[PDB]
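In this PDB entry you will find ampicillin.
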Amino acid sequence: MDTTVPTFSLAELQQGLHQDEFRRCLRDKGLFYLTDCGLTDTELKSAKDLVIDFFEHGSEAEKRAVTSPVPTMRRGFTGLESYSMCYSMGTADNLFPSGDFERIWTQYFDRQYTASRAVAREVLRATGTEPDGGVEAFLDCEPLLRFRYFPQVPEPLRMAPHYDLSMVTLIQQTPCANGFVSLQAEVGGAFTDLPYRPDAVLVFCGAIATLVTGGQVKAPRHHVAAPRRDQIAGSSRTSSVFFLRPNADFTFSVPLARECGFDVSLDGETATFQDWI
Ligand SMILES: CC1(C)S[C@@H]2[C@H](NC(=O)[C@@H](N)c3ccccc3)C(=O)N2[C@H]1C(=O)O
Ligand SMILES: [Fe+3]
């Protein structure tokens, strides 16, 4: 029945407002838009503008020097040379075309990481959860930021819904000129579209939220629908996805894990994050 996605301000949540609405949302939907956390459309536009700049005007040699050496190294670019381009970075071992690039993207990462820690803090507090070793050690982690740009042109294997392997994930997207929403999830047994919203950021909870809160938070299945050969006049878009992932050494009791419906990939009593990849 219920297929709407609520918006909340983070400031408002930190002041004890909307406690019930937010508790229920987490348990029943695991996803929500969020205002008044320290991100801006502008910050995003400028990080984007700088990447696209490089994509178009970068020497062939410059590009080689920061293309990702191997798929394992999820750092640097992919798909920019001679179904789209992609830039990835983490807390370290990053690759960088220029000095001003380093500064803008390092700052955009820190900001995204500060926001995503803040949201996570709120998700734990709402469900009364103190992970072992404390909230802060848990939240001080090994995150990853994938930015992805789909350019234009004019001259489709539908992948299946997944849940994310993250405490939380934050998505900012620029829109499509043609109104096409490429991002969909399951809210109350239906597929709901999740557009760009002005000065909001989309937030999925993930497996680790479910695990860490003892089952209290849902991790919604979602997928990125590509467009067909008919709605591509004005369908350039970007998204910026930030995975707040735990430290490899984090652990969870396996009775509880399969109890939800996640890939039982290890045959043990309890386990850690890293081997589950
Ligand atoms: C479409 C998405 C927003 S979600 C999807 C997927 N997320 C995961 O499975 C994630 N837990 C993961 C990432 C990398 C290695 C192992 C596991 C991913 O990556 N895609 C994103 C994207 O556009 O880059
Ligand atoms: Fe995902």
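Start at 1 with the first residue, then count along the sequence. Atom set for the values below is all heavy atoms of this structure, side chains included, hydrogens, waters and symmetry mates excluded. Ligands are counted one by one from 1 in listed order, and the atoms in each one are counted from 1 as well.
- Counting all copies, ampicillin can be found at ligand 1.
- Of the chains in this structure, the chief binding partner of ampicillin is, as UniProt puts it, Deacetoxycephalosporin C synthase.
- Counting heavy atoms under 4.0 Å, the binding site of ampicillin comprises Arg146, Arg148, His162, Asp164, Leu165, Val224, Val241, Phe243.
- At a cut-off of 4.0 Å, the other ligands and ions listed near ampicillin are ligand 2 (FE (III) ION).
- Entry annotation: chain A, source organism Streptomyces clavuligerus.
- Residues of chain A near ampicillin cluster mainly in UniProt domain Fe2OG dioxygenase.
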